[PDB]
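This entry carries taniborbactam (bound form).
In what follows, residues are counted from 1 in the order of the sequence shown. Start at 1 and go down the list; that is how both ligands and their atoms are numbered. These numbers come from the heavy atoms of this one structure, side chains and all, not from hydrogens, waters or symmetry mates.
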Amino acid sequence: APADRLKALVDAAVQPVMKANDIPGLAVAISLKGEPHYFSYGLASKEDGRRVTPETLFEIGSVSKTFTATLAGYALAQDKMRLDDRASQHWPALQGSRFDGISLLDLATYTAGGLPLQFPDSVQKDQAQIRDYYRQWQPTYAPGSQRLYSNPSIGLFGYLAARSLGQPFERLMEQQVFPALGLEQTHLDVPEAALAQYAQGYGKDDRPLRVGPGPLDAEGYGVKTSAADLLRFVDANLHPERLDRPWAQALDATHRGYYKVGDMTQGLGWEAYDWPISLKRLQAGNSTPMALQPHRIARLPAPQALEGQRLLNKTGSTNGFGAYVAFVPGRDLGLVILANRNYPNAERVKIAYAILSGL
Ligand SMILES: *[B@@]1([O])OC2=C(C([O])=O)[C]=[C][C]=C2[C][C]1[N]C(=O)[C][C]1[C][C][C]([N][C][C][N])[C][C]1
């Protein structure tokens, strides 16, 4: 009955949203009282009819920023950097730029002063173009005043964290972070031997879409992982104390809120809400205006522990994929929803809400 109840609950949440958004395949993973549960739907590739499993690789887009924050947490834990460090202390090519006046915290939390959603199309994945972009950049407003969701912002934060550790970002992620987290199905660059597991993404007219190279892609949106591995990451977030001490500290650094915008408390990577809260309020916190418009922040007097009766979440999108992760620390509850369509965030939250309410 409990298997049937749980399959009934997840089916009732997922199936209508998959039909309504024409999602070819979707993988759900739930952590409930320290037990994993997997629900797999539809097709990883329509063309060959490969089915979604808990080992299928999906692009998770901006959920990658929670990994980036974890590498920064590790640099913090090892005293290689501090959140109030000036950005240019960690990259000489930025010295003399406006990044002399911008903290790592500002970049991490999108408050550096109007760094845009994306690098402009003119900036390719090239070290010199990225250096020249940041050197010439000027804030639109005061650092620390307005949140504007930004790849270049948290991207630079992860790149500087990696420089502080004396190694490239992508090497640190593959050689240190993923192994420390027990993640063997999590990739920035999918190995040839694992390509059979990589789902096809679908956009308008079902055009096939896997993410192409871009400046600080790894930092902003580069992760491919399975529902099984992303739920392991969620379980590490729910129990940092089970990891070796420096990684425990790295994960705790991602559970600290610095400011509020509406119902949302901004941490490093993770965005937090009180729990319970209405579905409409959780959808609004993950809405298009929150991604695309600047918002004045309400700074907290001291960083707040993101634990207890709160929901921590992150949405992630690429042109072909739509991911959502959410966990409730105080209820030992975790959830991963990976899909091979970029379907609206409101719809991803609709599935999660139905599941989390059901439990
Ligand atoms: B990220 O996934 O977060 C994000 C959301 C969200 O939170 O779900 C909504 C809207 C935008 C973003 C930004 C992030 N994702 C990307 O930046 C998408 C990425 C950008 C580069 C593209 N490549 C261009 C081709 N040369 C691929 C999509």
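- What binds taniborbactam (bound form, ligand 1) most in this entry is, by the naming of the PDB entry, Beta-lactamase.
- Shown here, atom 13 (C) of taniborbactam (bound form, ligand 1) is in close reach of the protein: a heavy atom of it lies under 4.0 Å off.
- The presence of a protein heavy atom under 4.0 Å from atom 26 (N) of taniborbactam (bound form, ligand 1) is ruled out.
- Checked by distance only, taniborbactam (bound form, ligand 1) and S317 come closer than 3.5 Å through their nitrogen or oxygen atoms.
- Polar contact check, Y221 against taniborbactam (bound form, ligand 1): no nitrogen or oxygen pair lies under 3.5 Å apart.
- Protein heavy atoms are found less than 4.0 angstrom from atom 20 (C) of taniborbactam (bound form, ligand 1).
- Looking at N151 next to taniborbactam (bound form, ligand 1), an N or O pair under 3.5 Å apart turns up.
- Those atoms of taniborbactam (bound form, ligand 1) with a heavy atom of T315 less than 4.0 angstrom away are 6 (C), 7 (O), 8 (O).
- Neither the backbone nor the side chain of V63 comes within 4.0 Å of taniborbactam (bound form, ligand 1), counting heavy atoms alone.
- With hydrogens left out, the protein atom closest to atom 10 (C) of taniborbactam (bound form, ligand 1) is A291 CB, 4.6 Å, a heavy atom.
- Remark: taniborbactam (bound form, ligand 1) atoms within the under-4.0 Å shell around heavy atoms of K314 are 7 (O).
- Contact atoms of taniborbactam (bound form, ligand 1) toward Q118: 17 (O), 20 (C) (distance under 4.0 Å to a heavy atom of the residue).
- In the vicinity of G316, heavy-atom distances shorter than 4.0 Å reach the taniborbactam (bound form, ligand 1) atoms 2 (O), 8 (O).
- For taniborbactam (bound form, ligand 1), the modeled covalent bond goes to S62 OG.
- Distance remark: protein heavy atom not present below 4.0 angstrom from atom 23 (N) of taniborbactam (bound form, ligand 1).
- Around taniborbactam (bound form, ligand 1), within 4.0 Å by heavy-atom distance, are found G61, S62, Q118, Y149, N151, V211, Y221, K314, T315, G316, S317, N319, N345.
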Distance dump, taniborbactam (bound form, ligand 1) polar atoms to protein, N/O, under 3.5 Å:
unit_1                               : atom_1 : unit_2 : atom_2 : d
taniborbactam (bound form, ligand 1) : 2 (O)  : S62    : N      : 2.8
taniborbactam (bound form, ligand 1) : 2 (O)  : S62    : OG     : 2.4
taniborbactam (bound form, ligand 1) : 2 (O)  : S317   : N      : 2.8
taniborbactam (bound form, ligand 1) : 2 (O)  : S317   : O      : 2.8
taniborbactam (bound form, ligand 1) : 3 (O)  : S62    : OG     : 2.3
taniborbactam (bound form, ligand 1) : 3 (O)  : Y149   : OH     : 2.8
taniborbactam (bound form, ligand 1) : 7 (O)  : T315   : OG1    : 2.5
taniborbactam (bound form, ligand 1) : 8 (O)  : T315   : OG1    : 3.2
taniborbactam (bound form, ligand 1) : 8 (O)  : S317   : OG     : 2.8
taniborbactam (bound form, ligand 1) : 15 (N) : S317   : O      : 3.1
taniborbactam (bound form, ligand 1) : 17 (O) : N151   : ND2    : 2.6

